[PDB]
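In this structure, FG-2216 is found bound to cupin 4 family protein.
Just so we're on the same page: letters track the sequence lines, and every chain starts at 1. Atoms within each ligand, like the ligands themselves, are counted from 1 in listed order.
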Protein chains: 2
Amino acid sequence: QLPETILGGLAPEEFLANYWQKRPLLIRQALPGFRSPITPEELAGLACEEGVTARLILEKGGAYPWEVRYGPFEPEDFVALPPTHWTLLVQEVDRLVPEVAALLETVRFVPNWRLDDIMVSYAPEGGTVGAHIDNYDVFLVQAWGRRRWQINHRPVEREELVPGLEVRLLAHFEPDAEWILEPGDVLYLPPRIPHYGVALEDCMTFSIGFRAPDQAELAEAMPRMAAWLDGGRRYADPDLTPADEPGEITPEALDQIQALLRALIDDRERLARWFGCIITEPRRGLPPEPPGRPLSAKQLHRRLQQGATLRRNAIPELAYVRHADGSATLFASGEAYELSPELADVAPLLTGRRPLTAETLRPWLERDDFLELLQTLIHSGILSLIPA
Amino acid sequence: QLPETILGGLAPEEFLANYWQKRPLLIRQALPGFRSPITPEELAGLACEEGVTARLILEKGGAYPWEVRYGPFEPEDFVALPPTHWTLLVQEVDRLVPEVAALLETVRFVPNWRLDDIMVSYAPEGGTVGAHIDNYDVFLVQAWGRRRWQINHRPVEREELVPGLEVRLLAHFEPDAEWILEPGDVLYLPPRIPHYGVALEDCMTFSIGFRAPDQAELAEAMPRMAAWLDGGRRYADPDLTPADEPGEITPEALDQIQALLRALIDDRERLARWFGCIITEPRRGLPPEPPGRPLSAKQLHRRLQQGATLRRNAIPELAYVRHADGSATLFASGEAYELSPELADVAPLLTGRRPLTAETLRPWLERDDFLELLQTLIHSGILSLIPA
Ligand SMILES: O=C(O)CNC(=O)c1nc(Cl)c2ccccc2c1O
Ligand SMILES: O=C(O)CNC(=O)c1nc(Cl)c2ccccc2c1O
Ligand SMILES: [Mn+2]
């Protein structure tokens, strides 16, 4: 009961060509009839569950203006809140609530790894986070109540911030466009577009967020390259001449260091595996949860061909890569699974849009090595087995 | 007390040309009349200190064959050891005992960053660590007693080890050369030469060890690069097309990822800083230590003119690089200190083999910029101030 995409009457090819990472776009009634599958009471319910990232922001009513209280929480923390001018933000709700993750099937024109999470916000009247920017694309989805969004179509290069407030707040903000959003309305913002939303009543917002790695993150992820190396090439200086100045890291020495790192980076087989892992790795505290009990290959096959379904639990943490051999590597929550060329074409399937069923899986379902793979993915918590 | 180099009759030019990282060399009486500056009980005392890396290896007479016991120890651990066939090994003794670090100024024809540490080992009769190979250059300095070294001139491409011992022991070892070393004798081995050293009496050996980073290590030190990025360039796909298969990490995407990483390696000044910091960073758990009291620039200047000398506490952790604009960066125990072009020539001096006196520092002492630098270097325990 959800449309093929979140773009209304706009085709993805046209949207990507004229708006993606360029300029904001206001889709009216992207999701006709869409109401939040989760309620404010349930959201506050998730905010208490351990391993969850949650923030409470009060523009006023706290000890000081713009106070930020962090999770985890206790049930008592919420009842003693002012009637208005606060807001609750919970991250990776798509990981916790399958019904929310369903929404993620409307943004499959973007590749999986560019997907991050769906954070859900609740806010009584007047609740806000304040005028701010983000370094990532976002689909702002109204799921309850109404929100007044003010934005500036001009992206900001330098972030002029308010001092000492422990929340990224824009000192000077000049809106050129104001909008009132009802449930089903969708506001797309490219990176660095300043936006200021305010709740006109008890409302909820679903923020579909994307991710783009900067150099700093990629550098921090590089120690994982060591996993596939087995040491690798070693610095060698057999043609060493006596050091004029022993403390000098010579230009010839820096040359060889550059060479060693390049050979590392320029190996595409090696680089693909590294990136596939570090980009699907869980970013916060919610890894995949293994099932209750073990499951035999024959039982899976049986249960599967009786109409059972396989569900993807974390699409943003699901990706793959093809190699020159015809082989492929599958990526699920930071881990790599090697696929022979015989199996290489299940990767597009398991990570793609298509429903996982007996009909859909018929081609490989009688191969032993393919059932072992499903068994592994089910036991890891990557795929959930769903009865009919 | 010590010669200019550890090569005796040989010239640094010849050695590096004909032996360094190629052929083993036995230099007899390379250090004439050199006995160890510390005793086995002094060494046992070091092995008891917090943060030190020490090993106790019993070939026999232990709980089982080739038992290894790891420090830090306590004095009790040395009382009930067997009469024979065991060894104590302590790492980074040069950073603990100044008189041992004095040995390091016989190897200054090799650059500083290529130096690792001096490992001191004690053994009664028969004591050894077994036949093994090492991935690094080493000068094996006999500091007390007699030791019988057996080696083999052909390096090992693939090391076949004895299974499950917690010590890396060669299964097959056939020596084609043998010597018995007396105090002052020095044996140089290039990387991956199988050697087997057995003590013929109470023994002390000083292993001057070098370091050469492989690709695995460089990948591991990469996160430090994030210090200078302030974020860096971010991945961007404005001209993205609708994904035929959303789970695929496309070559176009991997190309941009490859570009973002190569930007870090190909910017030479920025790489020079990263490498300087990660190669002078302390390898293990021995933090450089401060002085008992703080010294003003005036005081520092005063004591220097009154005959005080500056001592380099850790030479292997001292280096510098010159930049294109005449500026330089001084590296010390993993920290980078920027030097203006006018001040860029103190770096050879501070890291070099010259003594650090009022005479040698005469041009620089008048500068406030230089004293300020010396203050922090003393403060952090890179340089120790000593009276005449
Ligand atoms: O040579 C002998 O059998 C007796 N010598 C020693 O026991 C002895 N051994 C060592 Cl390792 C040292 C080591 C340093 C200083 C003196 C030593 C010493 O008298
Ligand atoms: O104490 C005894 O009766 C026997 N002890 C030793 O023989 C012995 N004792 C000590 Cl404290 C050391 C201490 C350091 C190195 C060797 C030692 C050694 O062989
Ligand atoms: Mn935002």
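Here, the model contains FG-2216 as ligands 1 and 2. Using a 4.0 Å cut-off on heavy atoms, the other chains next to FG-2216 (ligand 2) are B.
Among the ligands and ions shown, no others lie under 4.0 Å from FG-2216 (ligand 2). By chain and number, the binding site of FG-2216 (ligand 2) at a non-hydrogen cut-off of 4.0 Å is B:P40, B:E41, B:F78, B:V79.
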